[PDB]
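Encoded as structure tokens, the structure appears first; notes follow it.
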Number of protein chains: 2
Amino acid sequence: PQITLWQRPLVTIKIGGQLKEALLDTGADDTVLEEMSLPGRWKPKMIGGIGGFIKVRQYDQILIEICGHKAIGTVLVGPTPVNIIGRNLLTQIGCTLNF
Amino acid sequence: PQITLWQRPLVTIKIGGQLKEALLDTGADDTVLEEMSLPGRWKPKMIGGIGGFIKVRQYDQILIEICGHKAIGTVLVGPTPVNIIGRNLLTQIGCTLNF
Ligand SMILES: Cc1c(O)cccc1C(=O)N[C@@H](CSc1ccccc1)[C@H](O)CN1C[C@H]2CCCC[C@H]2C[C@H]1C(=O)NC(C)(C)C
């Protein structure tokens, strides 16, 4: 798809069998989702953005579908205001910025 | 142009005759630039990112040129680590996310 930006670029993703809405974010290096239980062992991690750092659980090799495209990568779970799909998964689905 | 996301999408912008590097961010609703003295009055404002809120100065009707493309809109100036070009300006240059 070609997504314009007059509105936030939110899309439906499927992860752990659940549908969730998430923001395509070229400014985020990582993918950070709201608190949820995923299978797998996880590692504590710290990530920062404007405002500061937050503690997150790092899950590796998680399967996630973004608008039907499959991606398998690291997903951070923690107290984010909104679900964010960062560059580690946007590259996997072949997403580019264009003008 | 088409910018891939292997690396952070940093591009050259020009504002008030000064060239600067800035991040194209579909996740940012606003444009936030590193501290700088712009003429004009401004309004105080608080914006939140991942770890919390920061105080910024809002300036209106600022002209920025992004890869030869002019945009004019509100810019927030505050102690950010990187200049962020948000959606309010990205839409003006016809920037789309494509996959
Ligand atoms: C989540 C994340 C990472 O995993 C790794 C690197 C950066 C980020 C990150 O938070 N990036 C942000 C840019 S701010 C930024 C700060 C430093 C470096 C690069 C970008 C997001 O792209 C945009 N970010 C998306 C999202 C983050 C959760 C809170 C709600 C928005 C807030 C918005 C944001 O911060 N907006 C401002 C107007 C304050 C700029």
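Read the sequence lines top to bottom; their chains are A, B, and onward. Numbers in chain A come straight from the PDB entry, and the residues shown are 1-99, in order. Residue numbering for chain B follows the PDB entry; the residues present correspond to positions 1-99, in that order. In each ligand, atom 1 is the first atom listed, and ligand 1 is the first ligand listed. These numbers come from the heavy atoms of this one structure, side chains and all, not from hydrogens, waters or symmetry mates. How was it done? The header gives X-ray crystallography, 2.1 Å.
According to the PDB, the drug located at ligand 1 is nelfinavir. Contact analysis gives the chain with most pairs under 4.5 Å to nelfinavir (ligand 1) as the one the PDB entry calls aspartylprotease. Those other chains that come under 4.0 Å from nelfinavir (ligand 1), heavy atoms only, are A, B. Per-residue contacts place B:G49 under 4.0 angstrom from the following atoms of nelfinavir (ligand 1) (heavy atoms of the residue considered): 29 (C), 32 (C), 35 (O).
The ligand atoms of nelfinavir (ligand 1) that sit less than 4.0 angstrom from a heavy atom of A:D25 are 21 (C), 22 (O), 23 (C), 25 (C). Proximity to A:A28 (heavy-atom distance under 4.0 Å) selects the following atoms of nelfinavir (ligand 1): 1 (C), 2 (C), 8 (C), 22 (O).
When hydrogens are left out, the protein atom nearest atom 5 (C) of nelfinavir (ligand 1) is A:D29 N, 3.4 Å; that is the closest non-hydrogen contact.
Per-residue contacts place B:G48 under 4.0 angstrom from the following atoms of nelfinavir (ligand 1) (heavy atoms of the residue considered): 32 (C), 39 (C). Shortest contact from atom 28 (C) of nelfinavir (ligand 1) to any protein heavy atom: B:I50 CG1, 3.6 Å.
In the vicinity of B:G27, heavy-atom distances shorter than 4.0 Å reach the nelfinavir (ligand 1) atoms 23 (C), 24 (N), 25 (C), 33 (C).
At the top of the distance list for atom 30 (C) of nelfinavir (ligand 1), counting protein heavy atoms only, stands A:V82 CG1, 3.9 Å.
Distances below 4.0 Å separate heavy atoms of B:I47 from the following atoms of nelfinavir (ligand 1): 39 (C). Residue A:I84 has at least one heavy-atom neighbour below 4.0 Å for each of these atoms of nelfinavir (ligand 1): 27 (C), 28 (C). Entry annotation: chain A, source organism Human immunodeficiency virus 1.
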